[PDB]
Amino acid sequence: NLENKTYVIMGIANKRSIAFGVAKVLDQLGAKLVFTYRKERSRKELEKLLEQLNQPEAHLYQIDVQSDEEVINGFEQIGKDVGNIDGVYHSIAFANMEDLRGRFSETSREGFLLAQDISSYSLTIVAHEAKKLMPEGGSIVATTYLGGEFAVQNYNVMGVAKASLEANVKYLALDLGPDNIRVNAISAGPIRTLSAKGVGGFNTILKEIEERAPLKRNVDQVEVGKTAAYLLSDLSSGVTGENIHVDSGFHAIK
Amino acid sequence: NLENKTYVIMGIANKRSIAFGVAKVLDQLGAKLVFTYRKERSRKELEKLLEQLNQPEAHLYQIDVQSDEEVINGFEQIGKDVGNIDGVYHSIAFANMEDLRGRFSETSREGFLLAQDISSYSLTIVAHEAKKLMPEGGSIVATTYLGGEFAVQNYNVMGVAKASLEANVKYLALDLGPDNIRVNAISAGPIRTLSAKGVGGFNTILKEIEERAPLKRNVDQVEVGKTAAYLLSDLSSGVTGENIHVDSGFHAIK
Amino acid sequence: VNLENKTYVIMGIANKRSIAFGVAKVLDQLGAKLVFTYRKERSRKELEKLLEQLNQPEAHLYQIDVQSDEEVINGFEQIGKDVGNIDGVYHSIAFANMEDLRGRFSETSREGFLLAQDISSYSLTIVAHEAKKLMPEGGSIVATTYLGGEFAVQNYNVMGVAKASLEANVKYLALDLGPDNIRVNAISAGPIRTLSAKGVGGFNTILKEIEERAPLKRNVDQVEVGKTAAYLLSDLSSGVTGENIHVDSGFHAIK
Amino acid sequence: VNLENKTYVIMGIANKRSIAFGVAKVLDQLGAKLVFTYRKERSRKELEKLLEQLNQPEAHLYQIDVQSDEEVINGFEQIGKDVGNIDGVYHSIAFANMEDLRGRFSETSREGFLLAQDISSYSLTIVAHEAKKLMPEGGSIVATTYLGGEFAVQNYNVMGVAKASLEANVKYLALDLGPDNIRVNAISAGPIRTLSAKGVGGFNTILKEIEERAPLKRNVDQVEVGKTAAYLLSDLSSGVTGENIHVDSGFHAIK
Ligand SMILES: NC(=O)c1ccc[n+]([C@@H]2O[C@H](COP(=O)([O-])OP(=O)(O)OC[C@H]3O[C@@H](n4cnc5c(N)ncnc54)[C@H](OP(=O)(O)O)[C@@H]3O)[C@@H](O)[C@H]2O)c1
Ligand SMILES: NC(=O)c1ccc[n+]([C@@H]2O[C@H](COP(=O)([O-])OP(=O)(O)OC[C@H]3O[C@@H](n4cnc5c(N)ncnc54)[C@H](OP(=O)(O)O)[C@@H]3O)[C@@H](O)[C@H]2O)c1
Ligand SMILES: NC(=O)c1ccc[n+]([C@@H]2O[C@H](COP(=O)([O-])OP(=O)(O)OC[C@H]3O[C@@H](n4cnc5c(N)ncnc54)[C@H](OP(=O)(O)O)[C@@H]3O)[C@@H](O)[C@H]2O)c1
Ligand SMILES: NC(=O)c1ccc[n+]([C@@H]2O[C@H](COP(=O)([O-])OP(=O)(O)OC[C@H]3O[C@@H](n4cnc5c(N)ncnc54)[C@H](OP(=O)(O)O)[C@@H]3O)[C@@H](O)[C@H]2O)c1
Ligand SMILES: Oc1cc(Cl)ccc1Oc1ccc(Cl)cc1Cl
Ligand SMILES: Oc1cc(Cl)ccc1Oc1ccc(Cl)cc1Cl
Ligand SMILES: Oc1cc(Cl)ccc1Oc1ccc(Cl)cc1Cl
Ligand SMILES: Oc1cc(Cl)ccc1Oc1ccc(Cl)cc1Cl
Ligand SMILES: N[C@@H](CCC(=O)O)C(=O)O
Ligand SMILES: N[C@@H](CCC(=O)O)C(=O)O
Ligand SMILES: N[C@@H](CCC(=O)O)C(=O)O
């Protein structure tokens, strides 16, 4: 039960976003939620999607995590509007398709660095600013993919960005542990989202999970959301620096 | 919320057992619980301990996991007394004391095979017998230790038994996944228990966590029990073949 | 790499396809003196034939069934008397019963699970304890494992749990014996057609998966395992212990 | 091994304590022709002097700042015209600001994080791309990493995240270049006293902890890394790619 808790959820674009799965679970459990977005179009979808939740009010903030000033001023404004928070769900990544759909060895410098910036460094800075609203401690979750742990076909520059993200969770866990702030990752199996359309071969990845993964089915956004609830709540006290695979067991087989 | 769930908890020795932590938590959450014990000092005991739970009956079964008959007939009888169950917590391990200190290279064949038998194979047979009481699926959790993933001083033969136990979980996840049975582990940090006494140099292990783990503190039986409630329930539906460290982040640092 | 004036015990040659025969060819070619141990007289007869291919001036052949403490103990002690001190051991030994290597893992019998642990894991422990007696200036023990020890692979079943156990055994041995200057390491070999692979269900589809999906897009062979064994058993790998090197065309690194 | 008529590019020698210099000595002793790349004009001066300890009859020194594509592109092209085709590249390059290193990880600057990614991880990718043009029959590329890429190590901070990225870069390149018969691997070296180690807070307690706790109970040295490099760069390691070999006295394997 999450009444009297407040979570910031970053990275909803539409109803298929993984962070909307998180939102529904946390809302169902009585949490107060605050949302962040980059594009106008995403604020618009948030304004619509809120009509399905129980949030008595829209708490929406534009934060493009490429900008320090936006991350810093964003969280400062959230603190002024709703007070201290209990956690952050981070559901944000980006890379160019021009890099993704080429050979990994042909990745450009600007594109490799773009992916690191949005997909990994953004957690470091978000945690830094979020820490200020968690003086009694709290919980931070980021979303990763098994391509951070192994070389998967076509995932390419994003796989290197996710490896970087998973180490970021571990170094943040260590840094922020004494402040009673836990930092963890969920490694989600493939789910049809707007961003999935950038991963070449995506339907093939879905089919391989059904045919090979222990549970012989794909996961969805609500399943990622239920494990987020566990990680953002006191149910997972003691658990930090961990990568929980919500992927029908695919990580465990070869 | 676990009202109308039933869980078999194996491995309570006394008020300090990790499995009793698990029991208080599932009991608080409204589960019907069933308990197995090895021998008749644990029983007398057990009976007294359960006045602290809201269990309105005492369902207790002797099962020494070294005997097929006892496991086969114990789950059979459980099945007859309470019907289908929703999951199994396995909290059971053993090795000879001489082996948990001094030199791993001097371990006896008998001592090595005894630790494998009780600490690893017992999950395979308990799984096979429990599956019979879970026609619509369910959840199996075992308790391991970092010494199954890394060589740790003194833990010696039990570390090889936990390596084996951790694979056991993965192979059972693969096998039982189509039957909708999830199989996972919780890698607990060190906890002062009756069995901890037999681990060479336990007190130093304890202190190392406080000094070096991200949370700078040790965990307890109830923090294990909370992650057990997660893994035993539908919050973790997308999760199988997994090992969750409830160890203050220790597993993530070096 | 030159291994003249080194001496290596190789355990688990059955025939010309054995992984340990790849190791033997490579070590022998590098000038090492080799001692071979076998379980069945048929393997000894095979060893006698296979030696005529190697440069070894003599046959050092010992029957050691690793289920027997006395055979391991008396075998290594006899080896010490015939050749003196050794430089390392290549361990290439596993077993489980047929029925535990296809279909369903949850149905594994206690007897079959413990058999597999006994031969495929505990053997390395007692071998190392006895071999250590012949390595007073230090040396190098290598065991052979498979990717099924790290992940659940279809059909591998009880052997996978045996390999997990082997891989932790290597780590505990490494820690225990490091101060004696004995390194202990594993080679995680890719799938290779051998007599014992006839026991793994779906083995042909395993090979074919490697060709299609592994970074090098081809299978490995026994000599490539023997080349990494030469590195591990020699002074090139000083510093390296508790380590599991995958000779498998990259397959462990991909999903 | 046996590396005559092989040619390797070694990137990242600054002085006699550099890890890459340990690679150079081992490879040079094994008969390789070596080509050296540097950033600072002062590192070139050290090379010219370190080269008298070596059997290289010719000094092949090239300035390449891996921050600049132009420099990596023109550098390898020039190498190709001066020495023809090469057999492999040893990459020993990393960098991050002190000011980011010696602050709390959570206080890392965006610009210092991207700097460490750019020099210590991206550089392998572009190096691999340009070096492929000089390896039409295949070859081997080895990068240097540290345990702090796999676990959160006190003080290593932004470099830990750059090494994690570098270890993944290795696996993705292994996959991409495998069909070209180019293997790409990492060595995970234990702590070694070098100029760059001065940047790591608590470096001397890291050394002491290896001596007290690692299976071998001693630290490793640059030559030990060089010897595993010789294996990885040569045909002994055929079949090995996407791999991370810990040259660290076993420390990776214990907790
Ligand atoms: N779908 C899957 O199979 C899968 C599997 C595993 C992991 N993941 C991870 O899950 C996370 C969420 O992605 P998703 O699949 O749910 O796709 P999604 O719905 O497309 O969400 C991606 C989100 O990232 C945000 N974003 C990108 N760049 C940003 C920036 N500079 N500043 C702020 N926000 C930015 C986008 O916001 P705007 O649209 O406003 O630009 C969008 O809300 C990602 O980290 C992804 O890598 C996805
Ligand atoms: N405490 C820790 O720091 C630690 C850390 C990580 C993991 N673990 C794991 O947690 C689990 C529980 O241990 P614990 O620390 O809670 O110790 P514990 O209270 O002493 O529990 C051990 C239990 O195992 C039971 N058992 C032993 N052999 C058995 C057999 N042959 N058949 C049936 N039951 C048998 C014992 O029963 P009897 O008393 O009747 O003999 C006892 O109830 C173990 O698997 C252990 O390795 C412990
Ligand atoms: N082939 C592969 O794809 C592959 C892949 C990865 C790992 N491996 C591993 O490589 C190792 C060698 O197997 P292989 O494929 O080369 O098969 P192999 O030629 O059939 O060799 C197996 C050896 O194990 C010996 N053995 C079995 N039980 C023994 C016992 N109790 N005492 C002494 N020796 C015993 C056999 O000797 P006898 O015939 O005399 O009984 C035989 O020489 C094993 O650990 C295997 O698991 C194989
Ligand atoms: N020392 C250890 O304990 C340890 C342990 C594990 C891994 N490693 C790794 O080993 C590698 C070598 O470091 P080291 O310890 O040998 O220290 P080092 O002697 O200080 O070598 C570092 C080299 O990096 C080069 N470099 C930095 N930025 C560069 C750039 N932009 N372009 C081209 N070259 C650049 C330096 O060149 P200039 O001097 O010309 O600037 C220097 O030659 C690094 O990847 C390091 O992370 C070191
Ligand atoms: O990480 C992902 C993994 C998968 Cl299988 C599918 C979608 C993913 O998400 C992304 C993939 C590429 C880009 Cl450019 C951005 C995002 Cl959010
Ligand atoms: O696994 C354990 C790990 C730790 Cl740190 C402490 C206690 C543990 O539990 C055991 C240890 C030894 C034996 Cl013989 C039996 C059990 Cl239950
Ligand atoms: O470990 C192995 C892995 C593979 Cl892919 C192929 C063969 C293997 O070797 C064995 C397999 C089963 C048994 Cl009963 C004995 C051995 Cl020696
Ligand atoms: O990676 C390393 C690890 C260790 Cl233990 C010691 C030195 C290392 O090398 C570096 C450390 C910091 C910077 Cl700024 C640059 C380099 Cl080359
Ligand atoms: N059809 C795209 C794949 C993208 C997807 O399936 O989302 C390709 O393979 O080029
Ligand atoms: N054809 C049988 C034999 C096994 C094998 O070829 O290894 C199977 O695949 O089950
Ligand atoms: N003097 C540094 C240590 C630097 C080093 O040990 O290289 C400190 O702040 O600990």
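Residue numbers start from 1 in every chain, and the chains themselves are labelled A, B, ... in the order their sequence lines are given, proteins ahead of strands. Read the numbers this way: they start at 1 and go in the same order the structure lists the ligands and their atoms. When reading the values below, keep in mind they use all heavy atoms of this one structure, side chains included, and skip hydrogens, waters and symmetry mates. Determined by X-ray crystallography, 2.1 Å, according to the entry header.
The drug assigned to ligand 5 in the PDB is triclosan.
In this complex, the main macromolecule engaging triclosan (ligand 5), as named in the PDB entry, is enoyl-[acyl-carrier-protein] reductase [NADPH].
The other chains with any non-hydrogen atom less than 4.0 Å from triclosan (ligand 5) are A. Counting heavy atoms under 4.0 Å, the binding site of triclosan (ligand 5) comprises A:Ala93, A:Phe94, A:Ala95, A:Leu100, A:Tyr145, A:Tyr155, A:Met158, A:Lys162, A:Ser195, A:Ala196, A:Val199, A:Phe202. Considering backbone and side-chain N/O atoms, A:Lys162 never comes within less than 3.5 Å of an N/O atom of triclosan (ligand 5). Of all protein heavy atoms, the one closest to atom 13 (C) of triclosan (ligand 5) is A:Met158 CE, 3.7 Å. Using a 4.0 Å cut-off to heavy atoms of A:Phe94, the atoms of triclosan (ligand 5) that qualify are 14 (Cl).
Looking from atom 15 (C) of triclosan (ligand 5) to the surrounding protein, the closest heavy atom is A:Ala93 O, 3.5 Å. The atoms of triclosan (ligand 5) that sit less than 4.0 Å from any heavy atom of A:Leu100 are 14 (Cl).
For triclosan (ligand 5) and A:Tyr155, the ligand atoms under 4.0 Å from any heavy atom of the residue are 1 (O), 2 (C), 3 (C). Residue A:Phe202 approaches triclosan (ligand 5) through these ligand atoms, each under 4.0 Å from one of its heavy atoms: 5 (Cl), 6 (C).
In terms of protein heavy atoms, atom 4 (C) of triclosan (ligand 5) is closest to A:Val199 CG2, 3.9 Å. For atom 9 (O) of triclosan (ligand 5), the nearest non-hydrogen atom of the protein is A:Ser195 CB, 3.9 Å.
The ligand atoms of triclosan (ligand 5) that sit less than 4.0 angstrom from a heavy atom of A:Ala95 are 14 (Cl).
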